[PDB]
Chemist: 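Notes on a complex, daraxonrasib with Peptidyl-prolyl cis-trans isomerase A, N-terminally processed.
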Amino acid sequence: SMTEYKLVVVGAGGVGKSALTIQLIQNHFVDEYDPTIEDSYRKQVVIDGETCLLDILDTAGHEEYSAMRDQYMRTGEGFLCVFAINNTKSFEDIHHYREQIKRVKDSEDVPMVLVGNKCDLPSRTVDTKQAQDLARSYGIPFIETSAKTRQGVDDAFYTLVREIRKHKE
Amino acid sequence: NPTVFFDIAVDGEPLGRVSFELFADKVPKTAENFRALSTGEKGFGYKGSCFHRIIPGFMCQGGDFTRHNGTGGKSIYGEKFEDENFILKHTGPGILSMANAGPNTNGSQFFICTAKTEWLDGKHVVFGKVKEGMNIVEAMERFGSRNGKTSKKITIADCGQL
Ligand SMILES: CCn1c(-c2cc(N3CCN(C)CC3)cnc2[C@H](C)OC)c2c3cc(ccc31)-c1csc(n1)C[C@H](NC(=O)[C@H]1C[C@@H]1C)C(=O)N1CCC[C@H](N1)C(=O)OCC(C)(C)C2
Ligand SMILES: Nc1nc2c(ncn2[C@@H]2O[C@H](COP(=O)(O)OP(=O)(O)NP(=O)(O)O)[C@@H](O)[C@H]2O)c(=O)[nH]1
Ligand SMILES: [Mg+2]
């Protein structure tokens, strides 16, 4: 049977979590602001020559509900931690999302990928080397993405599947 | 304080009429926006639009008449207008309050509470309350879900001022 992988997308409001997810699932780019409550998606993909099923939870970045993340952090197998490269605050929120995931999972070793989104925009405020250094100190991969141009979208989700797979085995 | 009405339909079948008092004494600008959008007198408004987000236990949200997907809407003052005041609180079922995308982003989207939602106080402008037909709003919860997606099309078939 096909292996199912439970992925969760987290990050501050407006960084592009849903835009990335809808690019992966539906291959189109949502220009509009549609803040998420909670959404779930399914997609089968071929990764390293094997078909697998991605179950993707798109979560709310709305800062008011930070105390209600525990249930989905318990069930998720791997985490896409998204910031936007033109929003320094979203980059600083990353540390807090990661710690929260570690606290709920009670584990310092959780499949994760750091994602710097909106790399199509010129107004960059977070330096690539700064995110590379941060990811290196976490021991996790780092990928720059654009949900607008699709740059890195497949690679980010596929890399997280590879991380989860290494953790299961 | 003016009174407006919505005639609600479920997949085109009548469900009944909900009426609202609009608190023009406390939030005159916000009340006038909703009143004018209910009559359609500016050439656009709520008639024909849907309730796109219904979460049982919390609220029914609608008013996106420009995009019909939860991302649109506009006020009679422009696409957005400022938070008028937060004098009134989300005290219980029937409160009518503005949806928004953060500070000073009111448009046309609104929500009707079906419970007390105290943590929204100071963040959403309360401007009205259900006068008659609260059980119709309760009945709209039958078509909602945990993330708000509706199982039938809940529309404002007609609306106006009483
Ligand atoms: C943690 C999960 N969650 C939850 C939540 C919260 C609880 N609590 C239990 C304990 N009590 C004490 C505290 C709360 C329980 N269960 C859930 C849900 C059912 O678990 C899935 C909410 C929520 C809201 C947003 C994101 C995630 C969210 C959000 C995301 S954008 C937003 N809010 C504000 C929203 N802007 C818009 O639409 C903009 C586009 C237009 C212009 C908006 O103006 N309005 C009007 C007011 C209501 C709000 N929509 C809305 O829909 O609130 C849903 C509600 C369920 C009331 C709160
Ligand atoms: N230029 C550009 N804009 C993007 C990109 N990703 C998302 N956006 C835009 O940024 C805004 C927010 O996108 P969205 O995916 O809704 O963000 P979110 O993280 O899901 N927000 P929430 O946590 O409220 O659900 C939208 O206007 C969207 O079109 C990107 O890669 N490039
Ligand atoms: Mg989202």
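Proteins come first, then strands; the chains are lettered A, B, ... in the order of their sequence lines, and each starts at number 1. Counting starts at 1 for both ligands and their atoms, following the listed order.
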Chemist: What ligand or chain labels cover daraxonrasib here?
Modeler: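 In this structure, daraxonrasib can be found at ligand 1.
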Chemist: From which other chains does some heavy atom lie less than 4.0 Å from daraxonrasib?
Modeler: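 The other chains in heavy-atom contact are A, B.
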Chemist: Can you tell me which residue and heavy atom of the protein come closest to atom 46 (C) of daraxonrasib, and the distance to 0.1 Å?
Modeler: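 Protein heavy atom at minimum distance: B:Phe111 CD2, 3.3 Å.
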Chemist: Check contact between A:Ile37 and daraxonrasib, using heavy atoms of the residue and a distance below 4.0 angstrom.
Modeler: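 Yes.
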Chemist: Quick one: look up the protein heavy atom nearest atom 49 (C) of daraxonrasib and list residue, atom name and how far away it is.
Modeler: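 Going by distance alone, atom 49 (C) of daraxonrasib is nearest to B:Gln61 OE1, 4.1 Å.
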Chemist: Measure from atom 40 (C) of daraxonrasib to every heavy atom in A:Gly61, B:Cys113, B:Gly70 and give the option owning the shortest one.
Modeler: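 Nearest heavy atom to atom 40 (C) of daraxonrasib lies in B:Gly70.
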Chemist: Nearest protein heavy-atom contact for atom 54 (C) of daraxonrasib: which residue, which atom, what distance?
Modeler: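 Ranking protein heavy atoms by distance from atom 54 (C) of daraxonrasib, first comes B:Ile55 CD1, 3.8 Å.
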Chemist: Would you say daraxonrasib has an N or O under 3.5 Å from any N or O of B:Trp119?
Modeler: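 Not met; the criterion fails.
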Chemist: Hey, which atoms in daraxonrasib end up nearer than 4.0 Å to a heavy atom of A:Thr36?
Modeler: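 Every atom of daraxonrasib under 4.0 Å from some heavy atom of A:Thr36: 26 (C), 30 (C).
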Chemist: How does the entry refer to chain A?
Modeler: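 It's listed in the entry as GTPase KRas.
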Chemist: Heavy-atom distances under 4.0 Å are what count here, so tell me which part of A:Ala60 touches daraxonrasib: side chain, backbone, both or neither.
Modeler: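 Under 4.0 Å from daraxonrasib, A:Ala60 contributes side-chain atoms alone.
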Chemist: Which UniProt domain of chain B is the main contact region for daraxonrasib?
Modeler: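 That would be UniProt domain PPIase cyclophilin-type.
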Chemist: Can you sort out which atoms of daraxonrasib are near A:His62, meaning under 4.0 Å from one of its heavy atoms?
Modeler: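 Near A:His62, meaning under 4.0 Å from one of its heavy atoms, daraxonrasib has 29 (C), 30 (C), 31 (S), 32 (C), 33 (N).
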Chemist: Number the atoms of daraxonrasib from 1 as they appear, then name those within less than 4.0 Å of a heavy atom of B:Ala99, with their elements.
Modeler: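 Here the atoms of daraxonrasib in question are 43 (C), 44 (O).
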Chemist: Could you work out, for atom 28 (C) of daraxonrasib, the closest of B:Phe110, A:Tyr65, A:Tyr33 by heavy-atom distance?
Modeler: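 Going through B:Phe110, A:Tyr65, A:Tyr33 one by one, A:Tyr65 has the nearest heavy atom to atom 28 (C) of daraxonrasib.
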Chemist: What about B:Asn100: any of its N or O atoms under 3.5 Å from an N or O on daraxonrasib?
Modeler: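 Among all N and O atoms of B:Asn100, at least one is under 3.5 Å from an N or O of daraxonrasib.
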Chemist: Considering non-hydrogen atoms of the protein only, which is the closest contact for atom 42 (C) of daraxonrasib, and what is the distance?
Modeler: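 The closest one turns out to be B:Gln109 NE2, 3.7 Å.
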Chemist: Tabulate residues with any non-hydrogen atom nearer than 4.0 Å to daraxonrasib.
Modeler: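 By heavy-atom distance, those residues are A:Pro35, A:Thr36, A:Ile37, A:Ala60, A:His62, A:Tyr65, A:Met68, B:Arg53, B:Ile55, B:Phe58, B:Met59, B:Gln61, B:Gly70, B:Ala99, B:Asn100, B:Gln109, B:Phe111, B:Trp119, B:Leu120, B:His124, B:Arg146.
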